[PDB]
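Reviewing the structure listed below.
Each residue takes its place number in the sequence, starting with 1. Just the heavy atoms: all of them, side chains too, but no hydrogens, waters or symmetry mates, feed the values below. Every number for a ligand or one of its atoms is a count from 1 in the order of the listing.
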Amino acid sequence: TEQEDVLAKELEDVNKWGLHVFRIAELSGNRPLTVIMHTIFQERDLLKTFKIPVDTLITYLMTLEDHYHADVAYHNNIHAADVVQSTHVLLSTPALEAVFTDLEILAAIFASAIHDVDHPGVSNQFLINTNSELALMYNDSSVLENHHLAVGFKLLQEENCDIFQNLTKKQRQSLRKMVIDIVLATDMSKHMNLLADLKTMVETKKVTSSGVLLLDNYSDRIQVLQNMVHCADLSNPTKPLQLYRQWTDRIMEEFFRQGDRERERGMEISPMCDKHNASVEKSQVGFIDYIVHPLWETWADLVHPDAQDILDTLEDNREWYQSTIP
Ligand SMILES: O=C(Nc1c(Cl)cncc1Cl)c1ccc(OC(F)F)c(OCC2CC2)c1
Ligand SMILES: [Mg+2]
Ligand SMILES: [Zn+2]
């Protein structure tokens, strides 16, 4: 059909920053995560490398995708698909050429795919404050992140869903550990510590004559993978403005809904969650200035000058958002 043709054409941009992820979600019948992951696995030859039967991969991906909530404005399957594709582009950075093994690539992409699965559309602090079952289960630490991992891994046990069935035991153990390490690092409470280590690595960085990163031990390798997926999670303001604005609309809708739940429970409304007292534009500029730009500038230094175009777009978007403030 014409719909399948236009979808295949859009997917030809899977290696490009600024892929039309919203259009892909529409064209695929709300299956962005499944089609984008499948495309990336085929692009990186991951099915042959890890002997993943195609039917098993699709069955797992559709099940995973079904566990993202369709009524959650931001933390849904579109965001998952976007973080996956963004990580995939970051892994292709010339400064990281041949740095990571196929197993580490698989871990980073899989981690990205499951990193927000079964997100209820409310924050860790909300879950802690409402004496939730999730916060009780996880003792108030990385509540959501622990849950995303548990669900992502548990779904591998469903019928014909074990995409890692042909990995050796050692490969499965290593991948599991890396995935856990990466997803737990998406908790924003760890942002400052991740960034400080990223800066430390930038200052003591070792490279080949072509500017390729030399990372020997697990500690440094996982730190870069952690920061890579963290960057992807925080990549919305670095995308073409048309995409960024859609992400902003979605995060604000999700935040406002949490604020609506807090208001009716008599709780103090969380920062930026009050629809009656919001400054969307100022908050985006502050978000860029204090979180997104410091992180991306540091990432850019690590892979210099490979991330220059991403940094340029971020600064363009910050300038535009600032111009909307009288
Ligand atoms: O925190 C975010 N994401 C997030 C991450 Cl990266 C990790 N863990 C939880 C969340 Cl909510 C997140 C994602 C996108 C945002 O806006 C735009 F880019 F869409 C945004 O605006 C902040 C702002 C209004 C004060 C915030
Ligand atoms: Mg998250
Ligand atoms: Zn996320």
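- As for ligand 1, the drug there is roflumilast.
- In this PDB structure, UniProt names the chief binding partner of roflumilast (ligand 1) as 3',5'-cyclic-AMP phosphodiesterase 4D.
- Heavy-atom distances show that, of the AMP-binding residues UniProt gives for chain A, the following lie under 4.0 Å from roflumilast (ligand 1): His75, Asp233, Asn236, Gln284, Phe287.
- When non-hydrogen atoms are compared, roflumilast (ligand 1) lies under 4.0 Å from neither the backbone nor the side chain of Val280.
- When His115, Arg250, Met188 are ranked by how near their heavy atoms come to atom 8 (N) of roflumilast (ligand 1), first place goes to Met188.
- Less than 4.0 angstrom separates atom 6 (Cl) of roflumilast (ligand 1) from at least one non-hydrogen atom of the protein.
- Protein non-hydrogen atoms do not reach within 4.0 Å of atom 1 (O) of roflumilast (ligand 1).
- In chain A, the UniProt-annotated active-site residue lying closest to roflumilast (ligand 1), at the minimum heavy-atom distance rounded to 1 Å, is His75, 4 Å.
- In chain A, most residues contacting roflumilast (ligand 1) belong to UniProt domain PDEase.
- Residues of chain A that UniProt gives as binding Zn(2+) and that have a heavy atom less than 4.0 Å from roflumilast (ligand 1): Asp233.
- Looking at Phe287 against roflumilast (ligand 1), only its side chain comes within 4.0 Å, counting heavy atoms.
- Binding site of roflumilast (ligand 1) at 4.0 Å (heavy atoms): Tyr74, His75, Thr186, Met188, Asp233, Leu234, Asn236, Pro237, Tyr244, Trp247, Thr248, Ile251, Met272, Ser283, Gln284, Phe287.
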